[PDB]
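A, B, C, ... go to the sequence lines in the order they are written. What you see of chain A is 1-7, where the numbers are those given in the PDB entry. By the PDB entry numbering, chain B shows 1-315, 323-391, in order. Since chain C takes its numbers from the PDB entry, the residues it shows come out as 1-315, 324-390. According to its header, this structure was worked out by X-ray crystallography, 2.8 Å. Modified residue -> parent or X. Extra atoms: not counted.
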Amino acid sequence: XXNXXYX
Amino acid sequence: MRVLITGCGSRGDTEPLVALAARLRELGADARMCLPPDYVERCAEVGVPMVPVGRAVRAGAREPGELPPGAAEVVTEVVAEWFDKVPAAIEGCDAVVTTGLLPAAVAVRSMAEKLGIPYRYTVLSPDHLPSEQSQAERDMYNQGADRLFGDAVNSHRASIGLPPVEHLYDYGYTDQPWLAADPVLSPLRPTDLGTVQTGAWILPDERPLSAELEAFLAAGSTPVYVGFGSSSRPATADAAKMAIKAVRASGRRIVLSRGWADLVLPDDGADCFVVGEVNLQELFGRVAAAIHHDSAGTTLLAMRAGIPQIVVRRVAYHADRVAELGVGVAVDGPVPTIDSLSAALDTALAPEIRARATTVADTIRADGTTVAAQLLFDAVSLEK
Amino acid sequence: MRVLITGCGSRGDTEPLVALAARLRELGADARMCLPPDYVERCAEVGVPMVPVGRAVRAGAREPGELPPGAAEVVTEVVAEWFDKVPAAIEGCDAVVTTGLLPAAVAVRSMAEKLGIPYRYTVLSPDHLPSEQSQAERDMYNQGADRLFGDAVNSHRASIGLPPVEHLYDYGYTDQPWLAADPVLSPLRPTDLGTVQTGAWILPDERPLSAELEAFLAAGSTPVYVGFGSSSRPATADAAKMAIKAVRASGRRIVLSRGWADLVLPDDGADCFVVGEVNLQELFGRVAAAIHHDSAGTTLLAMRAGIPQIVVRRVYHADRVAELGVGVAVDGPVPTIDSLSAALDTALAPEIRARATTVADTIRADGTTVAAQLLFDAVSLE
Ligand SMILES: Cc1cn([C@H]2C[C@H](O)[C@@H](COP(=O)(O)OP(=O)(O)O)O2)c(=O)[nH]c1=O
Ligand SMILES: *[C@@H]1O[C@H](CO)[C@@H](O)[C@H](O)[C@H]1O[C@H]1C[C@](C)(N)[C@H](O)[C@H](C)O1
């Protein structure tokens, strides 16, 4: 991954 | 002053930003926001100038098969999209506060750099502190971050003046990210001393309780709150069902929570009151205890209220903080047993526990957004 | 929680309903609609599932010489049609919200009665609540209605196992209709303290204006809006000509809405512009003032847009704007170029432009949410 979230 | 508050993510980590913003305004400061499209309604019902950016977070508010902003296949679009629409919004600004999606964070930090203004990144719990991670873990973050959107970042930094950066995780989170969580519920660890904790950022709730509920509350013995969130997950419904039972088993009335998507309830003995978009701030102060899921938002509201609480832990952070403080009980497992929830309730309803929950509440802060504001003001006053 | 929203009426009686439906679906609840054929494209556009029922309301939408759904003639067909198409839509709902044509509203309330789910009827102007009606004329309404469709109603009512009802006016509107209008603009009168005023139901529009409309707005001075929405009486085309003149006499450009009247600009002049469907919320945020008809919807969209307005009298909102001191009323249907120029002069005065943008923030924007939570509480209690 590498971007985060939280969706 | 004028402050830009950006962020890309769910309602849990976005609502705090809307709260800081609304507060900065109450203090006479032109605070504007940069959020995903699905938050316009919200910024409307609170009155905060907000300029949309990127794909929408909420799947529903999104086109047919349109990937979400966290999708790997659109990091680059994310970087570009932000780096593009942010300049207009960060026009006359002396400070920037961000949270959420790293790609968009790195993008925003750059406009802050170009424009020479101060930038602050905030996290909602100590777990998410860079300082609470291993030196190696931090290396995976930066590596993966760089390997994922690094090129796209440096291409737009170049395409506008700024020099190439490396370690996008350290770059976006900052050496010392702000922690907008309450010090009593989310205390710092001995490894985070150099960190600034403002307090939780919660939006004040003025809404009164409906006449029916007021009627219910008044009409008898103080009820117990049971609420497990908006999770439609089958287990969540079973836990709720099991809690209604533990509460009845204790000869107590109930104020139960239900989502907009749930099926109507067959019937309710006059001892159960279903409640929807209610003001939890005002309601918690009207009940004997709260049985709920492992959620910081509900946990804090309950703690501020000073009511004992029963927390069903996930698969367990807050659940246990409640017991550490000796203010509630962490029953566990997806679906606890009637016996399990019944023994917890018996403890929760104990006078000594209620006294402890009361003592604790006397120690909880309600000025995070103001403390945050005072920090921002001083920032501009020494860096701009 | 499925909610069925229905009605038969002009675009102003529908747009607010489409807003509650869109909001409900945004909140997690579900919504379905039963509306006249005219709004299928509009609903598809907002993404709200809708079942087309009955004749089209807009005159130019039906065959020539064809009667409208309000015409006493068709009444029995209307009643019959709704009792026939609503079940497929209402099956599985937990409540229902209506507005518009009484004969259709009663058919719906009956089918809701059979299912055991709460029903609510809404009005868009306080002066339409049965409590601002002399309990004399109220009797005329019931008598009138009971005689017009009454029998047909109880007929179908019978076909599904229902006991007959009388006083169809109090049934359609119920003993406590809702007022989906904003407090600052449409305040309740002390003769109706009880009623529930939720605040206007507005649907945050995100549609962009066309490229040409943008080009216009850019290539020149800021224009005055002229439009009469669903108005389709003959005078309308004349009233539009008098307003265009008044604005041109002032030396300002204009944006004209075709509306249900299919108005055409008087000439190929380049200082004007005709639009069809359009994001009024957006456009209103880009004009100097608006000259329009007396209507709940447009008066509020302009009022929350912070612009001065000129309202053309019939021969409620006209005055409401006057008193709030944000615009001017002028007699009609076809106003004189003088009055309009006098108004366009008062209205664009530094005094009004001020109060206009002041009264804009006193406007509630949580209208559909309040109604939503009221429906949630209903479904539980009842
Ligand atoms: C003409 C037009 C109207 N509207 C909507 C916004 C208004 O709230 C709604 C109803 O207007 P309203 O004037 O209340 O009713 P009527 O025109 O039937 O007398 O119509 C648009 O969104 N776009 C348009 O192009
Ligand atoms: C997300 O990354 C930050 C980066 O610095 C870490 O500090 C944090 O611990 C990490 O969050 C955890 C816990 C969480 C939020 N529940 C998720 O499971 C993520 C994937 O991991």
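The drug name recorded for chain A is vancomycin.
Short version: main partner of vancomycin, named per UniProt, is dTDP-epi-vancosaminyltransferase. At a heavy-atom cut-off of 4.5 Å, the other chains in contact with vancomycin are listed as B.
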